[PDB]
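Accompanying notes for the structure given below.
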Amino acid sequence: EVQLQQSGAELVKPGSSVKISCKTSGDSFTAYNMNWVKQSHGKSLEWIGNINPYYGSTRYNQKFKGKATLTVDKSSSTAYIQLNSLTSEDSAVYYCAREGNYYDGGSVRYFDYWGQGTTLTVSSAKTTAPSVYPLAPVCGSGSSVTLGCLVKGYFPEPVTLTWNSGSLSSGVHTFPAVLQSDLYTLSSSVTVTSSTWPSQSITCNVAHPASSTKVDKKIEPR
Amino acid sequence: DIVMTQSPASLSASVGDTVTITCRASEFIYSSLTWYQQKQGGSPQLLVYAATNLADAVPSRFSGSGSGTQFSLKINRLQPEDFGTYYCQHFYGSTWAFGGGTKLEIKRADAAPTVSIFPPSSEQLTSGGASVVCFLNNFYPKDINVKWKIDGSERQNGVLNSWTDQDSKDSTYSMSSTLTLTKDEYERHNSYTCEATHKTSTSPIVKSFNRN
Amino acid sequence: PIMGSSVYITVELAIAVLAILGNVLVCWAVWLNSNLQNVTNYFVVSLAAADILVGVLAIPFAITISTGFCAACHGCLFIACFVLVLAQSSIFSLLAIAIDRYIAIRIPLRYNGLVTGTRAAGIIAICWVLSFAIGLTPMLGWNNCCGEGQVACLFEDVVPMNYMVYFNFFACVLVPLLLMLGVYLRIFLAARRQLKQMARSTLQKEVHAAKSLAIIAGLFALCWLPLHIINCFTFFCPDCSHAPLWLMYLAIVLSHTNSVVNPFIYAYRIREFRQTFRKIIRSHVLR
Ligand SMILES: CCn1c(=O)c2c(nc(/C=C/c3ccc(OC)c(OC)c3)n2C)n(CC)c1=O
Ligand SMILES: [Cl-]
Ligand SMILES: [K+]
């Protein structure tokens, strides 16, 4: 079992470049081709290219010719990929994967072992802290009442949004970040029996580790 | 470059029932096609290679089949673990591609959404922003559509949406819609309404407020 | 002799045409399907390439030689001796496969570094040259020399028997054939041991394929051995009744048979070929 260990998440300006690592181990690195694969938009999977680590010869997909550059350091058993003129279209997860190969009359070919993958995030946005707005229901019958939190305009991801310091857990839906312009927005809802509120305090706890900030807004009746 | 066509994009199913997924090649690729499984936040796992060959440690309930242009993966007896996204990929010639993929999901009884509307925080008004928010929670199936309305007049402009995946507890979905206008402009109109159309209810479920 | 002669003359041309069609279909399948363009298979072509020319040339040659036609000795030997150069470039290919399969399965991790396109092509070219050297050395001067400038051509009279047994059989056929055996035996027995305790699935699959290419080698020997073993008795034992002409004709043909089976085995055993054979018959002949 080949063991593929990639480099960690990158965050780079448009126009910049970036070189992701893949350290192979506990097998012949030079015995088989090391491929790269881009998972974009959470589902789409493209083939970027591969390198024969022995000869250091490369075959690229046309799409990624003139973006991706497959290098290899043989001593360390490490495959690289460098991405140039980075634009926001480049922001995706990139995987190194080893291409098994044998003869049954034809050349059989399969990606058997994959790296943990690597997050590239390209933005010209500056590290920015969230405005945290409380959402209380309209002034003026439900058996259970629903309250909200809006985390508007932060960079980069992620945040951590918990209710009453994590203690309130049931009834909570916390939604994926969506880009608002070049910054991010996120929302969370929580439902509880009618008599729990405004009877008992309920607070929205948001941590933005990128700006070392922390904000607690108590949902108060309008 | 050869195009793969995977179908269905989505499919829902209960534990212990049989399912099949299709992969069409835009050219004859003989038996040169691999299937992979991806669970939430994991890498692809090789599932089947050489069209019909089980990778080691893949359960025997999995099996692929086909040749030339049409290949299907059949999962015999669904287990909790089998839910996830599945991809096909060709390995014919010098330049390869994947399928769109197939999100296998849990099937459960239709549920109508719990729609909840929120006016803009005084906090936000204070800072010259106005965001009105609508939570559509605990609904099946995932297909839903949301109109915003100001004084009855529809607004398409500056509305941002977000989606959860199947709740681990009740296998339902949820959705958030945030209408954002300049505070100045929020002040002009006085009625804000969130109009959600789902399968469970023939007329759209409506929620609204007035600035009183 | 109008009847007995005739069954031969047909069974030969029957085989001659099978060999052209069966092995053109191999050579086509490789030209077509990328999955087939691999080192192991360039040698399976060099083999098809040869078994083709048995049908086009060697069998016609074997039939005009059959009669005892008149020719000058040197322009005669070529007809007699052209089957020999093809037999040779068969064994070179059959062996090149067996070693390709040794490397791939015994030393998987170095196969990439070791075996390549360019090298295979060169090996093939070299062998064809030797094949010509070895095939028609009797043309070179190790030969046995109606009309006053001509000679009645019968194989056993213009080609010397000591060349046939020592330099063709012992040296150039029996040796490569044996050490072919040595090579496959090591692959299969190594794998038997290696499978029992331990990619397990992958070894089985690349082995299964070898057993297929090994069976080819198997049949080559079965097809040629009878005839060679006769050439031994005919020579080493001159105090023996020379093998009769019906048994002679049998093993002459039995040999020609080998140029036909190769494609049928590829079809009956190896999916990637069967599928490419099917698709050619479906798309190009049936349409
Ligand atoms: C190289 C492999 N090989 C052979 O080794 C070979 C042979 N034909 C004969 C023999 C032909 C032959 C022998 C005795 C005869 O009459 C006494 C005879 O007359 C028809 C032909 N031999 C030994 N042929 C056919 C071209 C052959 O290919
Ligand atoms: Cl060894
Ligand atoms: K495997």
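Simply put, chain letters go A, B, ... down the sequence lines. Since chain A takes its numbers from the PDB entry, the residues it shows come out as 1-140, 143-224. We number chain B the same way the PDB entry does; the residues here are 1-212, in that order. Following the PDB entry, chain C shows residues 2-146, 159-211, 221-309, kept in their order. As the structure lists them, so they are numbered: ligands from 1, and atoms in each ligand from 1. All values below were derived from every heavy atom in this structure, side-chain atoms included, with hydrogens, water molecules and symmetry-related copies excluded.
Given vismodegib, istradefylline, selumetinib, the drug or candidate at ligand 1 is istradefylline.
The chief contact partner of istradefylline in this model is named by UniProt as Adenosine receptor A2a. In this entry, the other chains with a heavy atom less than 4.0 Å from istradefylline are C.
Residues with a heavy atom within 4.0 Å of istradefylline: C:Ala63, C:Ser67, C:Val84, C:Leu85, C:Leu167, C:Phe168, C:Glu169, C:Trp246, C:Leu249, C:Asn253, C:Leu267, C:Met270, C:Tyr271, C:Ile274. Per UniProt, the adenosine-binding residues of chain C include some within 4.0 Å of istradefylline by heavy atom, namely C:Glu169, C:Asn253. The deposited structure shows no covalent link between istradefylline and a chain. The deposit credits the origin of chain C to Homo sapiens.
For istradefylline and chain C, counting UniProt transmembrane segments from the N terminus and using heavy atoms under 4.0 Å, the segments found are 2, 3, 6, 7.
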